[PDB]
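Here's Solute carrier family 22 member 6 with glibenclamide bound to it.
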Amino acid sequence: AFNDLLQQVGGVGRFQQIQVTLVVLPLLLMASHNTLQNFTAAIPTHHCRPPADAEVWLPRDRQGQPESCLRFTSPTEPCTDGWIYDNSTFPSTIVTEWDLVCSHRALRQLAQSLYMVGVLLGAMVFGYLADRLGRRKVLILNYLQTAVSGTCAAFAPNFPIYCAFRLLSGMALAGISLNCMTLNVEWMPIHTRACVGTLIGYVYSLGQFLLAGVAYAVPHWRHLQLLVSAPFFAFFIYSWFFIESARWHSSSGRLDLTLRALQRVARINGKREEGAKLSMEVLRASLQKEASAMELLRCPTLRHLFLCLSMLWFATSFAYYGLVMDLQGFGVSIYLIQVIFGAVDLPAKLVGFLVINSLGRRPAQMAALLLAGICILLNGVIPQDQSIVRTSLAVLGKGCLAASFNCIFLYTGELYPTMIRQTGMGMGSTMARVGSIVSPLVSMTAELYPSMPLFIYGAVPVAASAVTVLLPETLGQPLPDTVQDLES
Ligand SMILES: COc1ccc(Cl)cc1C(=O)NCCc1ccc(S(=O)(=O)NC(=O)NC2CCCCC2)cc1
């Protein structure tokens, strides 16, 4: 009867209208801190530095472009001396700093892979410790860490220090993402649980505009990192004024704290007359009513569903986080491609929302996934001579994958049974990050062929699109109460 208590104190009042906004505001930096290795680690055109013994010193080939490997040993030797990087559009990047060109090309992918590896451990550890210390405490620690370990990376004199600090920043950021929604959805009524779920998505989708503006505003990478990591201190200074969730207090066993929090929120809302009526006995009379992860194993009915759901999550995450990177090579500047990519998610979600309930849950998923897969696989045959279809197909694929993410979230939310839903959603989201981890890993094979990663990126969604035909349709049906009655 917690919902009735919320409607008694006022339900959706000023307390919510302040706290939800002030808790969702810092999510505008997710897009900036996630896809930063497009502006902070761009590769400009470079060539071998001739010896200081002096135009014709390099074996230029492929339409006269200077060659970056050899240096005409005699007026066929490795450089081992240095490179002359261009400074017309990219004054300084990571490759310009430690010379990760033509011999250590895979280290950019390695850094991205480590940054993504530092997301799984966060989502695990700080999700475990969120239900044992308190949402607000963990949020405060996350706010402190994202600024402490994020601003000192801009002064790293070596590569491993930068990698480790980025890993820790991702560790904090993974926890902030989960805890934000976990604390936000608790204070809202049951009838407004889906409205806030879509709110976070559009907040995330707006951060690409800020990234595009800021990157142009400051070209330097150290200053860019400092600026994108600084505001977390301001967000942290105020973060002591939040109110702990009442549901967690009630479930823990301490009802006095729940009572006090209810009175306090009543004072903020201005309904103290009902708070005074609220007492200990009525709470014990109204809330008197108030699953292992291995149960998925040794029970085929849930294992069969979980396997397919995890496969879909993995395929979607792999395709999405392989697509969004490597903006270079499209002919158009990365700055413009950023805003173009950020301008296609809104219509993707808008169209997908209608089609989940109009066409069907599974029809929409299969159509979107197949279209994205074929569109991406098509990109690997047309030559780079073109400059229009290359961008059109990429943006269409990105939007389609965003719509696929919007559809699968609701599909898994409404598919699983009631009691095991909380752990099933977490397990499904867990497999949505291994694909992101492995995305930079398979891009390292670009040395073998110049489009093999692109072919790999299109085969997985195409294969997964035919896998959705093995799940029941559940449109316009009651939520399955339990496993016993779960038959159709
Ligand atoms: C992965 O569960 C979601 C899927 C879609 C949306 Cl709307 C929200 C969530 C969500 O709240 N999960 C819990 C916490 C969370 C949030 C974001 C991320 S994320 O990985 O950094 N974001 C994305 O992948 N895509 C975004 C959203 C969809 C359009 C394109 C941009 C990872 C975890």
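Note that chain A carries the PDB entry numbering, so the residues on display, from first to last, are 2-55, 64-84, 102-316, 324-521. Side chains are part of it too, since the values below use all heavy atoms of this structure and drop only hydrogens, waters and symmetry mates. Looking at the header, which is where the method is noted, we find electron microscopy, 3.7 Å. As the structure lists them, so they are numbered: ligands from 1, and atoms in each ligand from 1.
Including duplicates, the parts belonging to glibenclamide are ligand 1. In the structure, the transmembrane segments of chain A that UniProt numbers from the N terminus and that bring a heavy atom under 4.0 Å from glibenclamide (ligand 1) are 4, 5, 7, 8, 11.
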